[PDB]
Peer 1: 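Hi! I'm looking at a structure that contains selumetinib and have some questions.
Lettering: A, B, C, ... assigned in the same order as the sequence lines. Per the PDB entry, chain A residues shown: 40-77, 81-274, 307-382, in order. Residues 601-759, 768-881, in that order, are what chain B shows, numbered as in the PDB entry. Counting starts at 1 for both ligands and their atoms, in listed order.
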Amino acid sequence: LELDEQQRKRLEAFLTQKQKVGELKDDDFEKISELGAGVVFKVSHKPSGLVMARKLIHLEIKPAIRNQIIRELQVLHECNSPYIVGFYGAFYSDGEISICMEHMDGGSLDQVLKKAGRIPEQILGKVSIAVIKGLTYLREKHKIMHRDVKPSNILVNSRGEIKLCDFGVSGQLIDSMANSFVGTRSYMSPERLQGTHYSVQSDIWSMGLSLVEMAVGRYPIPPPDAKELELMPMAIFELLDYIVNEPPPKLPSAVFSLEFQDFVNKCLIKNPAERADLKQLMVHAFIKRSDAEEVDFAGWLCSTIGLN
Amino acid sequence: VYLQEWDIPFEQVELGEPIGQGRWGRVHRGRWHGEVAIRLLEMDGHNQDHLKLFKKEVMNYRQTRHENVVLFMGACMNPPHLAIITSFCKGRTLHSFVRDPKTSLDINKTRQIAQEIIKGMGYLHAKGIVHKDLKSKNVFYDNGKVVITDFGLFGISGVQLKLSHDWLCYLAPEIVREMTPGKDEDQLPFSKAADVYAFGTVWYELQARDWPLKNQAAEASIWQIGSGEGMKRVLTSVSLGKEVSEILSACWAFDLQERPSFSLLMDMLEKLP
Ligand SMILES: Nc1ncnc2c1ncn2[C@@H]1O[C@H](COP(=O)(O)OP(=O)(O)NP(=O)(O)O)[C@@H](O)[C@H]1O
Ligand SMILES: Nc1ncnc2c1ncn2[C@@H]1O[C@H](COP(=O)(O)OP(=O)(O)NP(=O)(O)O)[C@@H](O)[C@H]1O
Ligand SMILES: Cn1cnc2c(F)c(Nc3ccc(Br)cc3Cl)c(C(=O)NOCCO)cc21
């Protein structure tokens, strides 16, 4: 599975630190500051002095399905790879499902993008490698798909790692909660919007659309104006109808390499059958390039936002 | 409104156990002697224009009485606290009724239930009242008789986006295209035509005992509903009967103006098996 030694040594170190904490409840944590909402908080755990990230979601529903949600979610103990954020535990408390996760020093790429303005191609190659490896790991080891890929769910650290969060493990939580939200933006594939059977192909599209937003600093659809590109108020249905009935986004031909331009073009093919799968994407020229490249990711991240 | 302004003589009403929640306050069982349903709302707007239109609507519901519309009894507004009191419906919501294994739906029972609902929607429309929230959860079935609940209630302005799937199925394309974050439900284009579309979905429920769209993401449903392609597909995907499907295709008409009136729909339901 191309498991590196330094990765496998940092995977063991957190699995043995995973039993030092053991189980937890609600009084073991203490707040620090506001991470964001879509809520998650920076948290101090008191039994084990490790600082963790606790995301809270408010669900008042019949307790029979709350128990089915928690037992489906405990499978995250089996999901462990260098490209998925560290999972601590899941429990119901005060009618608020709380997920305790690794704290990521750099936050989400959505935060990173707003502070960085734009994200260079050299480094978008590294996150793309991490996502396909993380998505192959998820589809192969547990036979699930992500269903919610977007920059605000890609997390980075000053340690130099890349890992994704908020992936769909519980089918009941999907039918009961996650489906009811609709944001001002949509990262959903065109075949999911038309309600066909979608696979990880739908996740490829999300990755492609996310890459375009990070590369240009703007949510891609509707495509920017001709002069707006040089510098760098819509209802939700006009957004969704554009994704289905209009050409997909593409990177500007003047700034980025063919390997990058073609990479996103293969990710953003509307038909998922012709869209690139993960096998085809792992061997794509843009991946072979950045995988063999030499970037110091920790240096860019800490000098972009001001960490150490 | 001090409740003494109503023709239902009032000395005292008592709150009882709550019976489920929703976007529109908390509904309590209660006793007027008869059991009643009491809905407790709160006006965050607190603005005189909200209450003037509220006073307009509740005084209009005072004029309503029909065997297929729930009896509106009184409303009292001690702002920001408001309360709406309707007759309590014994029996099961039509939603939970069709989804029962034990329930025995048939080509006749569905026609009879639907004609009842059309009569109630006919009356409400005759009085110029748009229901704005016709769905299976707001229709009650006790033995023979069928009652419509929760009509006109969306015209109220009380205290990202979250949209239930069950509600989306009953929403006409005119409405879901206008949905957007920061836009309140009071600004959506409900209408008599949007009401007959919601009758299309409730008729589908009478035939299929389930939603016309399986529990998808909201975004997925929003496009399918608003494009009219969603209802096109489910119309073809599984058929029940040419005569039965004719009224379903008519009610779900993409152009609202091509949707029948309720008085017309009474005749269509008559020329059936
Ligand atoms: N496990 C985590 N570790 C560190 N930061 C996190 C974590 N989860 C979320 N965040 C931060 O919290 C914010 C995102 O929270 P979240 O509730 O996931 O909403 P969202 O990602 O913006 N969109 P959505 O997930 O669909 O609601 C960003 O500022 C992230 O950096
Ligand atoms: N007149 C009534 N008689 C008896 N039960 C009622 C009445 N009106 C509402 N209810 C019940 O009260 C609960 C909440 O009603 P309501 O607030 O209208 O939500 P709902 O219609 O069930 N679905 P929603 O409107 O989307 O929240 C449900 O269990 C209803 O069946
Ligand atoms: C739909 N759905 C089904 N299962 C889910 C789940 F386990 C989730 N949490 C999660 C999973 C893995 C890891 Br590693 C870390 C976290 Cl925090 C989320 C989620 O976090 N949504 O973000 C809120 C957006 O509305 C959603 C799930």
Peer 1: So, selumetinib - where exactly in the structure, counting duplicates?
Peer 2: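 The relevant parts are ligand 3.
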Peer 1: At the binding site of selumetinib (ligand 3), which chain contributes the most contacts (name from UniProt)?
Peer 2: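 Its main partner is Dual specificity mitogen-activated protein kinase kinase 1.
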Peer 1: Enumerate the other chains with heavy atoms less than 4.0 Å from selumetinib (ligand 3).
Peer 2: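 Counting heavy atoms only, the chains are A.
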Peer 1: Give the UniProt domain of chain A containing most of the residues in contact with selumetinib (ligand 3).
Peer 2: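 Most residues touching selumetinib (ligand 3) lie in the UniProt domain Protein kinase.
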Peer 1: Look up the source organism of chain A in the entry.
Peer 2: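 The entry gives Oryctolagus cuniculus.
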